Each structure stands twice: as structure tokens, then as C-alpha cells.
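Numbering starts at 1 and runs along the sequence shown. Worth knowing before you read on, the calculation uses all heavy atoms, side chains too, and leaves out hydrogens, waters and symmetry mates. Determined by X-ray crystallography, 1.7 Å, according to the entry header. One-based numbering, in listed order, for ligands and for the atoms of each.
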Amino acid sequence: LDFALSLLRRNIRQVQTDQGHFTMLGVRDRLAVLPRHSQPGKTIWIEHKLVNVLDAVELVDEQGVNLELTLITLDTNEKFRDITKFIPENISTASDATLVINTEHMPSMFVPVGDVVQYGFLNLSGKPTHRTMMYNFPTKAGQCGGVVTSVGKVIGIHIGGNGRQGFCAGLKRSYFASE
Ligand SMILES: *[C@@H](CC(=O)OCC)[C@H](C[C@@H]1CCNC1=O)NC(=O)[C@@H](CC(=O)[C@@H](NC(=O)c1cc(C)on1)C(C)C)Cc1ccc(F)cc1
């Protein structure tokens, strides 16, 4: 859990958008990822600091279906420690995962969510979404953007839940490639 701690210190930041509080994962250089619904647009507050967003790309699959992830490029001289080696090449399930949440209201929280399983299609508030996974844990509002981690891997970003189960967008390394 010193890997989760390293991630927390170096790569996981408390942020806010017009849609409220979220956890943000910095991946490399000036590149970070958020849940799509956070809708950062042209700026974002990182630990209360107002920062320009140079580009926001909402990811879709080949079929043009929502993946519920937004890649943001930040206007800063700060580079995130490169964690691409910890992101699997294929969307991966895991046993006994930890959900890492870090927002102003929920700072530095490690939440064991149990096993993460393939789910796939998700009707997320009427928005057809692909490539999701599921955990049998009652995730709550304010936890979107939380980072799903396992044995030295970063496998998902929290995006939704029904009060009983939680769902993440799966991560694959190629999402973060340079060009
Ligand atoms: C995180 C963002 C936030 O807190 O929004 C506050 C309104 C949040 C986490 C969940 C809240 C409840 N438990 C969760 O872990 N995500 C959301 O609220 C999104 C929408 C939902 O999660 C819906 N749940 C489902 O649709 C659903 C379907 C199944 C089989 O299980 N759950 C709501 C009905 C609660 C926010 C969102 C994302 C994308 C969109 F297009 C619209 C809205």
C-alpha cells in the first residue's frame, strides 16, 4: 500500500470544476485524466489553484460510444511523475482492489472495494457507456475520479454507482500515448 501512497503523493490531486469536487489522476508530463461528467472545459481548480486547461478530449471507442473519460492537458510547468508503466495495456480486472479518493471533502482516502469484474456496457444516467468494470461496494457521490488500484497497477477511474455497486471506466495504456 506504499504504491497507493506513492500514487497519492505524486499523482492524485484534489480538484473542482463547475460540477463540484473530484479526484484527478495525473499520468505524465502535463497530461491528466478526469471522469467525463466533471466537464472541466477551459479551466480547473487544482487544490484551489485556478489553472488553464489547454485541451480536453472526451474519449470514445471506435463506435463513437462514451468511455466517460476526459483527457486534459494542463497549462503548467509542473510535470507529473510518469505512471504509464503501471497502466495495463488491456483493460484489466483485479482482486481486492483499493479505490483511492482525494478531494477537499474526502482527502487521502483508501477504500477497499473488493474484486473488480468485467461489466462492459453501462447505462449511466441514460448515457450509453462502454468498457466499464464493477465492484460490489456502495460508492457515493463525491467519489468520482477515484483511482482504482491493485497490485502495482492502475486499472480504472470511478464514474458512477447505484448506491449498492460502483463502476469505473477501464484504463488502458494506449489512451495516454504521445500522438
Ligand atoms: C460521482 C460524481 C458525483 O458525485 O455526482 C454527483 C451528482 C458519482 C458517483 C456515484 C453517485 C452514487 N453512487 C456512485 O458511485 N457519479 C454519478 O453520480 C454519475 C451518475 C450515476 O452514477 C447514476 N448511476 C447509474 O446510472 C447506475 C446504473 C447502474 C446499473 O448502477 N448505477 C445515478 C443514477 C446516481 C454522474 C453522471 C455521469 C455521466 C452522465 F452522462 C450523467 C451523470
**Student:** Drug at ligand 1 - which one is it?
**Tutor:** rupintrivir (bound form)
**Student:** Going by the PDB entry, what is the chain that binds rupintrivir (bound form) with the most atom pairs under 4.5 Å called?
**Tutor:**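 Most heavy-atom pairs belong to 3C protease.
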**Student:** Could a heavy atom of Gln143 be found less than 4.0 Å from some atom of rupintrivir (bound form)?
**Tutor:**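 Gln143: no contact with rupintrivir (bound form) (<4.0 Å).
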**Student:** Considering non-hydrogen atoms of the protein only, which is the closest contact for atom 16 (N) of rupintrivir (bound form), and what is the distance?
**Tutor:** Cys144 SG, 2.8 Å
**Student:** Do me a favour and list the nearest non-hydrogen protein atom to atom 21 (C) of rupintrivir (bound form) with residue, atom name and distance?
**Tutor:** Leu124 CD1, 3.6 Å
**Student:** Any protein heavy atom sitting closer than 4.0 Å to atom 18 (O) of rupintrivir (bound form)?
**Tutor:** no
**Student:** Does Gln19 come within less than 4.0 Å of rupintrivir (bound form), judged by its heavy atoms?
**Tutor:** no
**Student:** Is there a covalent bond from rupintrivir (bound form) in this model? If yes, I'd love the residue and atom.
**Tutor:** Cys144 SG
**Student:** Got the closest protein heavy atom to atom 10 (C) of rupintrivir (bound form), with its distance?
**Tutor:** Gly161 N, 3.6 Å
**Student:** Is the shortest N/O to N/O distance between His37 and rupintrivir (bound form) below 3.5 Å?
**Tutor:** no
**Student:** Starting from atom 13 (N) of rupintrivir (bound form), which protein heavy atom do you reach first, and at what distance in Å?
**Tutor:** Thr139 O, 3.1 Å
**Student:** Answer yes or no for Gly166: is there a heavy-atom contact with rupintrivir (bound form) below 4.0 Å?
**Tutor:** no
**Student:** Nearest protein heavy atom to atom 7 (C) of rupintrivir (bound form): under 4.0 Å?
**Tutor:**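 Protein heavy atom within 4.0 Å of atom 7 (C) of rupintrivir (bound form): absent.
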**Student:** Would you please determine whether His158 falls within less than 4.0 Å of rupintrivir (bound form) on a heavy-atom basis?
**Tutor:**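 So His158 counts as touching rupintrivir (bound form).
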**Student:** Should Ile159 be listed as contacting rupintrivir (bound form), given a heavy-atom distance under 4.0 Å as the test?
**Tutor:**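 Yes.
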**Student:** Under 3.5 Å between any N/O of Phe22 and any N/O of rupintrivir (bound form): does that happen in this structure?
**Tutor:**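 No - when backbone and side-chain N and O of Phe22 are compared with those of rupintrivir (bound form), no distance drops under 3.5 Å.
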**Student:** Tell me which protein heavy atom sits closest to atom 40 (C) of rupintrivir (bound form), plus the residue, atom name and distance to 0.1 Å.
**Tutor:** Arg36 NH2, 3.5 Å
**Student:** Within 4.0 Å of rupintrivir (bound form), heavy atoms only, which residues of other chains turn up?
**Tutor:** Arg36, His37, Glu68, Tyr119, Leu122, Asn123, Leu124, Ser125, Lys127, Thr139, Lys140, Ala141, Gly142, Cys144, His158, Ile159, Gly160, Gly161, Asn162, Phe167
